[PDB]
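All remarks here apply to the structure that follows.
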Amino acid sequence: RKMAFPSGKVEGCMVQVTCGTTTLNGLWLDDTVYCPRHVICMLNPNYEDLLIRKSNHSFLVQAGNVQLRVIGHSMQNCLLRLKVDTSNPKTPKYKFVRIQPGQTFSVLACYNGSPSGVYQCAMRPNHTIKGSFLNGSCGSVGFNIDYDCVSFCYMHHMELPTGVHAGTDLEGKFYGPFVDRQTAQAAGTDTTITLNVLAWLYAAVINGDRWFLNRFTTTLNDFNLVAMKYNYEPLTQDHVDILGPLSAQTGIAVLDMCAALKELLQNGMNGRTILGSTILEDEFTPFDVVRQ
Amino acid sequence: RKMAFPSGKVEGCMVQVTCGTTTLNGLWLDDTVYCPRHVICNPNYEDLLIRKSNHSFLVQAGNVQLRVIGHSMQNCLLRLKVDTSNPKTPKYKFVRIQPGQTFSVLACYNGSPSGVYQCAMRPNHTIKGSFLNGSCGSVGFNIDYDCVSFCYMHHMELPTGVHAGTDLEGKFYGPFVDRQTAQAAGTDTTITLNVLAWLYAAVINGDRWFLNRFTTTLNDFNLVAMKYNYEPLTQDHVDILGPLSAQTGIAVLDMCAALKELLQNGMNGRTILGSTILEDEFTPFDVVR
Ligand SMILES: *[C@@](O)(CO)[C@H](C[C@@H]1CCNC1=O)NC(=O)[C@H](CC(C)C)NC(=O)c1cc2c(OC)cccc2[nH]1
Ligand SMILES: *[C@@](O)(CO)[C@H](C[C@@H]1CCNC1=O)NC(=O)[C@H](CC(C)C)NC(=O)c1cc2c(OC)cccc2[nH]1
């Protein structure tokens, strides 16, 4: 099952940022509030021009009942760093990280500064996420929690015409070739996260369906050559080592699981299922499998 | 997408309760801590509790230690009275959920919340959770408005991998007892009303391939439902699906005729809202939210 991290430490940081009539979500850490810079906008806007035309007083920042006053502002990439007169008493230990494709994080969906729901998603190889984001969701945040430290890694900005979502890290650099404009943008073709599909296949073996296994063998090179022809990410030697624990628990060598996957890619499943589905799941990490 | 409620108001109520070498998670509301009674541990729990002093309960809220002032047992739960009243307790109710309804689980270990996720009370009164060793005392809830409705406390994993537990009054969901016994639930069924709500959800998102021009009656639908291990559908169920009927413009018995086709013919490798299976853990209330 897809589990999310507990959202509490992040709920205390969610605020509402309003400019004129356009409102979105912001992240209040210490005396600074972060939010997508498009709060000040629509096609091909000059963001420097519009920021210099804006006064601190223009930004309405509400944190629950309280109103916070912008004591200053600056732009970092596609984000705005509003300085506020109050430090957030509920700020957690935190860091900004750049999540990598294949990896997962939890999204705390927010509307009007109120956290609505938390779900877990992965960053795809084409630098989009298959999220659930309605109008009002910009500035909602993705994050991982290790110990008591929160790793902020995603701020929501856009939904591509194809249903998927695009955003930035906490420094405002967009993941992927997207720009914050009211234009239709296309992601690159979405390749499948091989490392996670193998983790799934290992998970299926621990659950007791082995029907897709075989005695054929493969080298890493030859598996990667097949995989790319089916739009699957090549498997690095690093990924092989990551699968080590799942390999020893099941007694099935990683290259033999790849030989299995190679046969699934080339012949499909004759309507057969793994863990109940006809399609191979690719947002369960090896860590997720090991933990559960 | 399954979405869990923000777990913040619950995480501040999670504490650790230890009796000897036995540890589990507890729920700290006001001045009382709720936790599965087997923390004191087929025995007799009335005998075990009388031999227990308040001093023997190690209750910890994070770094802090709480002193048990008194206690009492209600069903399968302990009500530990403590000297401190939790400053973080939200507005809350205890409710008993009905099968088919959904909630969020804050999975906890050694008093530390580690994960949140959605799940549903199955018709056989189990839940398909994700619980590991140390997870008893983990709590299920709904956070509608600012009021938290606690509805589940975790107690066990059956041989089949599903989970079982009680309400916050300590009465089990289902036939189970808190003993170290292998126990069996009844045969499960598929939550028909939830499957239909999810079909309405797909239409709203534009997946309409499974629709058709036919209609069915309630009685004819249930003839097909019974054969495929779905719960019978009732007129109460149809009235619940009213608002989604209106939003999509598809009559509730039109959607049933679409579902009978999906059951009879199956889905030919095609997918509804991403999955290759008919999802039954999204309720009509869920889809509105
Ligand atoms: C934020 O809420 C906006 O502050 C919003 C979130 C999306 C709305 C629906 N689901 C979401 O995830 N973001 C946008 O509306 C952004 C705003 C930009 C960055 C200025 N724009 C889009 O996501 C967008 C624009 C267009 C488009 O043009 C018009 C054509 C096709 C798709 C598309 N997406
Ligand atoms: C709590 O953590 C208990 O301290 C624990 C949670 C489960 C452990 C693994 N995953 C869980 O969800 N609960 C138990 O161990 C309970 C304790 C009872 C209520 C006294 N027991 C079981 O879940 C249990 C016992 C047996 C069994 O016996 C023999 C045989 C088969 C399954 C089984 N489950």
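Each chain is given a letter, A onward, matching its sequence line's place in the list. So for chain A, numbering is the PDB entry's, and the shown residues are 4-44, 49-299, in order. By the numbers in the PDB entry, the shown part of chain B spans 4-44, 51-298. First listed ligand is number 1; within each ligand, the first listed atom is number 1.
At ligand 1, the drug present is PF-00835231 (bound form). By contact count, the main macromolecule holding PF-00835231 (bound form, ligand 1) here is known in UniProt as 3C-like proteinase nsp5. The letters of other chains with a heavy atom under 4.0 Å from PF-00835231 (bound form, ligand 1) are A.
The set of residues with a heavy atom less than 4.0 Å from PF-00835231 (bound form, ligand 1) is A:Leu27, A:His41, A:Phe140, A:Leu141, A:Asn142, A:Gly143, A:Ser144, A:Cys145, A:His163, A:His164, A:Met165, A:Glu166, A:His172, A:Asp187, A:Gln189, A:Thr190, A:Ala191. With a cut-off of 4.0 Å, there are no other ligands or ions near PF-00835231 (bound form, ligand 1). Most of the interface of chain A with PF-00835231 (bound form, ligand 1) sits in UniProt domain Peptidase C30.
Lab note: closest UniProt active-site residue in chain A to PF-00835231 (bound form, ligand 1), heavy-atom distance to 1 Å, was A:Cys145, 2 Å. Note: PF-00835231 (bound form, ligand 1), covalent bond at A:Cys145 SG.
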